[PDB]
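Drug present: ribostamycin.
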Amino acid sequence: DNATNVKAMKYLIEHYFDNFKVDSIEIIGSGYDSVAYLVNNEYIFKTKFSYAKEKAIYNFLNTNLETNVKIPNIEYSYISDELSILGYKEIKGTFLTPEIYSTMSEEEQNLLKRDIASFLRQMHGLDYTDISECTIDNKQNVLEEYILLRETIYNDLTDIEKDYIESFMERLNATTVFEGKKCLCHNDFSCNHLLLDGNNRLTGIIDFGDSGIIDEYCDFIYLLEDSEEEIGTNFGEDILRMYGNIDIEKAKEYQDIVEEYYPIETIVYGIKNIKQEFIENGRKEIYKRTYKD
Ligand SMILES: Nc1nc2c(ncn2[C@@H]2O[C@H](COP(=O)(O)OP(=O)(O)NP(=O)(O)O)[C@@H](O)[C@H]2O)c(=O)[nH]1
Ligand SMILES: NC[C@H]1O[C@H](O[C@H]2[C@H](O[C@@H]3O[C@H](CO)[C@@H](O)[C@H]3O)[C@@H](O)[C@H](N)C[C@@H]2N)[C@H](N)[C@@H](O)[C@@H]1O
Ligand SMILES: [Cl-]
Ligand SMILES: [Mg+2]
Ligand SMILES: [Mg+2]
């Protein structure tokens, strides 16, 4: 089942990109709706059975970004309703993790943080007129997701579940954090998308698949996150200081609101994609959070 999925994708790549010969192909990653392949120890091929926005973003950034940090440069694309494939040369490096960060010297850490702040400053500073179609309004997306809840499963939720959702919506309505600067954000800027070179400096960034014109605060939500997957609040805070001209408390409020939203986001994903286990997981997560002392 490892060896069979790969054969079909080898076939599709050779069918759709005429002169492309697959000598080797293995799985390097996968979401719940996509799979990524390392081909010829040289190319990444991201694939999905339903990437046009993602392509437009790479094409916009490879034109306009001034940076030594490498990003996917799309050489192969096939995009249709039922299948999408993007291919580009693998960016070489090692992914940032907590464990690697804790072994870096104070100075090594500082340089990495400066590299990050610098990349974000450059991306957030772009004139985004040429990708203006790629706007994203998170508040309005939540209101629309909430309506879909009300139209589907909300009435069958428990009272505890409903209180969690209502209490979130009360907070969404009171917050000011969606009313600030908009700019082009990576919008999934977690350390599993950041690549280091042999000196532990930022050498590449991947997965601009959720990128768009959105609140400036968006690109700090994972840098600020306190979890096993991410480095820590202090990492995000120092990066925020280095980046400058940004209200740190509101960045944290933004991050905290999105974190509160995660279980509802999980439920909504379950409804939209008809996957009951996601509905169950998000509801379960509500109980876990409700009972943490
Ligand atoms: N070293 C390296 N790995 C890459 C590169 N591009 C993708 N990957 C690997 O492929 C995995 C999946 O890639 P990614 O762009 O994050 O897509 P995804 O997040 O699973 N899919 P989607 O963005 O559609 O949800 C990554 O976790 C990483 O391991 C690359 O340029 N270099
Ligand atoms: N894996 C548990 C964590 O999930 C979320 O964080 C991840 C976050 O959320 C993913 O959402 C998936 C479900 O749709 C999930 O599979 C996620 O990977 C992801 O977008 C980042 N690139 C990596 C983040 N660390 C939460 N915001 C975080 O609080 C929680 O600790
Ligand atoms: Cl359920
Ligand atoms: Mg990814
Ligand atoms: Mg992605």
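Sequence positions for chain A are given in the PDB entry numbering; the residues included correspond to 181-230, 237-479, in order. Order of listing sets the numbers, starting from 1, for every ligand and every atom in it.
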Point out each ligand or chain corresponding to ribostamycin. ligand 2
Can you help me out? I need the name, per the PDB entry, of the chain with the largest number of contacts to ribostamycin (ligand 2). Bifunctional AAC/APH
Give, by chain and number, all residues and nucleotides of other chains with a heavy atom within 4.0 Å of ribostamycin (ligand 2). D374, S376, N378, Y408, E411, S413, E415, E416, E445, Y448
Quick check, please: with a 4.0 Å heavy-atom cut-off, which UniProt gentamycin-binding residues in chain A are near ribostamycin (ligand 2)? none
Nearest active-site residue per UniProt, chain A, to ribostamycin (ligand 2) (non-hydrogen): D374, 3 Å
Could you tell me, atom by atom, which parts of ribostamycin (ligand 2) come under 4.0 Å of a heavy atom of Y448? 4 (O), 15 (C)
Kindly confirm or rule out an N or O of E451 lying under 3.5 angstrom from an N or O of ribostamycin (ligand 2). no
Counting from 1, what ribostamycin (ligand 2) atoms have a heavy atom of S376 closer than 4.0 Å? 21 (C), 22 (N), 23 (C)
Examine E445 against ribostamycin (ligand 2) and note whether any of their N/O atoms are separated by less than 3.5 Å. yes
